[PDB]
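The model below depicts aDabi-Fab2a heavy chain holding dabigatran.
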Amino acid sequence: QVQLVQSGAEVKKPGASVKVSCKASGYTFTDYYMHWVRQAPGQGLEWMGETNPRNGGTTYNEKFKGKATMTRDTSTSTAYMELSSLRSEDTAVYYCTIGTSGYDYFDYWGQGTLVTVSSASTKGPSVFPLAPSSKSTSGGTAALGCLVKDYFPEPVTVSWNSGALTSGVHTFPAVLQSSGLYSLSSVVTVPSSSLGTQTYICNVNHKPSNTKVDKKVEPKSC
Amino acid sequence: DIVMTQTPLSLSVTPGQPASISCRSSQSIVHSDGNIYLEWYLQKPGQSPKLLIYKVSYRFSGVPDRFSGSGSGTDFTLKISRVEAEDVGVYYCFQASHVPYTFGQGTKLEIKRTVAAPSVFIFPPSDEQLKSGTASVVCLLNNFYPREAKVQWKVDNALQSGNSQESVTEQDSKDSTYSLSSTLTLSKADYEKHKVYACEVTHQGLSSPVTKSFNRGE
Ligand SMILES: Cn1c(CNc2ccc(C(=N)N)cc2)nc2cc(C(=O)N(CCC(=O)O)c3ccccn3)ccc21
């Protein structure tokens, strides 16, 4: 029931500032310290600091002090982490986490906010169906999918039939095109016998532009 | 800061095998209260980390029986009694005894399952994309093992170069396999120059390569 609701994604120019939110639900906000954790390529996982939900003070990891400003809003039960004068090295996933048994462990985490530091404009994707046909069958099985092409920046999340289809689902890591834009694909193996009764919809979410796309993948008569 | 060093960086074990991961702290991690706040977290790609072990040896609630932890002074070990497909990901050790709290660099766990040949599927460009002036052909290699699988795009048997992108999944947490998506993208004008579009698949589990193809316009 405890949920930490995060911003998802943020795109910012270098030198700009970003305020990452973490909305607390399913518990009394003032009961637990809020933590911020960075996951960046190379540096990896790093604890940034803990914010006291009572006095509102933060105990920082010296490395992030000044650079990151960690606050706690009791009127909206939201904790915030503000990164000032963004540089390309700041591109990372930012997690908010809490511990429910004193200072023993981090049992609850947010989904993470992917902050991209870039001068380039946000670009929503194209969503093309990868229709099942005679060319995509393997002994009673039919493969189908969605090609999520030409977006910027990361991430894109994909689900099938609003999360109801997960068995045999493969969402591929994004590839970086020669244009600087990203592309990914998401596939599912389903019975070939049920192509005439089931509807398969890929639910595409380009987090940085908040573009939600529900694309029906209809069978091909080829 | 306390440096947390994990060994090995990559662990590969066969199904039915135990798994051990070492975590070395560059300094003592005894909190002022006398306890050691050493934790273990499992992270799957594009998922938040999940708590396994806390305070060196205590198994977190809801964590499977097979997981356990130990260690003394600066030496710490994460143990899996028998690896399950659901165990793949990156294991991180973490100290919360001294500020700033620090994580290990992580250990990637891989299941060395029985060789599995890929099932090959091909998708011609959709009718929708063709209206845009671009044509993408997709070749899918599904549920194979090991991850080393080669894709060769052929247009009328002429080996293609410079216009394709591919991506491999993380190891599957149900059957310990990998899947690979390869996309050949050409302008509509370049697409309409060739007839036989084929992806030739080479893999350890395939005695001879698998070629999936279609004729453009068929
Ligand atoms: C340093 N610090 C943190 C930071 N969180 C943290 C989480 C996880 C981890 C970790 N991963 N090991 C490491 C640190 N939480 C703390 C809880 C207490 C505490 O005992 N109480 C009880 C007293 C009361 O009922 O108020 C408490 C509870 C809520 C608010 C204030 N005080 C003391 C000190 C604490």
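Convention: sequence-line order gives letters A, B, ...; per-chain numbering from 1. Just the heavy atoms: all of them, side chains too, but no hydrogens, waters or symmetry mates, feed the values below. Just follow the structure's listing: the first ligand is 1, and inside any ligand the first atom is 1.
Other chains in heavy-atom range of dabigatran (under 4.0 Å): A, B. Binding site of dabigatran, heavy atoms within 4.0 Å: A:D31, A:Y33, A:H35, A:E50, A:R54, A:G102, A:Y103, A:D104, A:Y105, A:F106, B:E39, B:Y41, B:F94, B:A96, B:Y101. Atom 25 (O) of dabigatran is never approached by the protein to below 4.0 angstrom, counting heavy atoms only. For atom 29 (C) of dabigatran, the nearest protein heavy atom lies closer than 4.0 Å. Per the entry, the source species of chain A is Homo sapiens. Looking at A:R54 next to dabigatran, an N or O pair under 3.5 Å apart turns up.
The deposit lists the name of chain B as aDabi-Fab2a light chain. Considering only non-hydrogen protein atoms, atom 34 (C) of dabigatran sits nearest to A:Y103 CD2, 3.5 Å. Shown here, atom 15 (N) of dabigatran is in close reach of the protein: a heavy atom of it lies under 4.0 Å off.
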Could you pull out every N or O of dabigatran that sits under 3.5 Å from a protein N or O, with the distance for each pair?
from	atom 1	to	atom 2	distance (Å)
dabigatran	5 (N)	A:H35	NE2	2.9
dabigatran	11 (N)	B:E39	OE1	2.7
dabigatran	12 (N)	A:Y103	O	2.7
dabigatran	12 (N)	A:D104	O	3.4
dabigatran	12 (N)	B:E39	OE2	2.8
dabigatran	26 (O)	A:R54	NH1	3.1

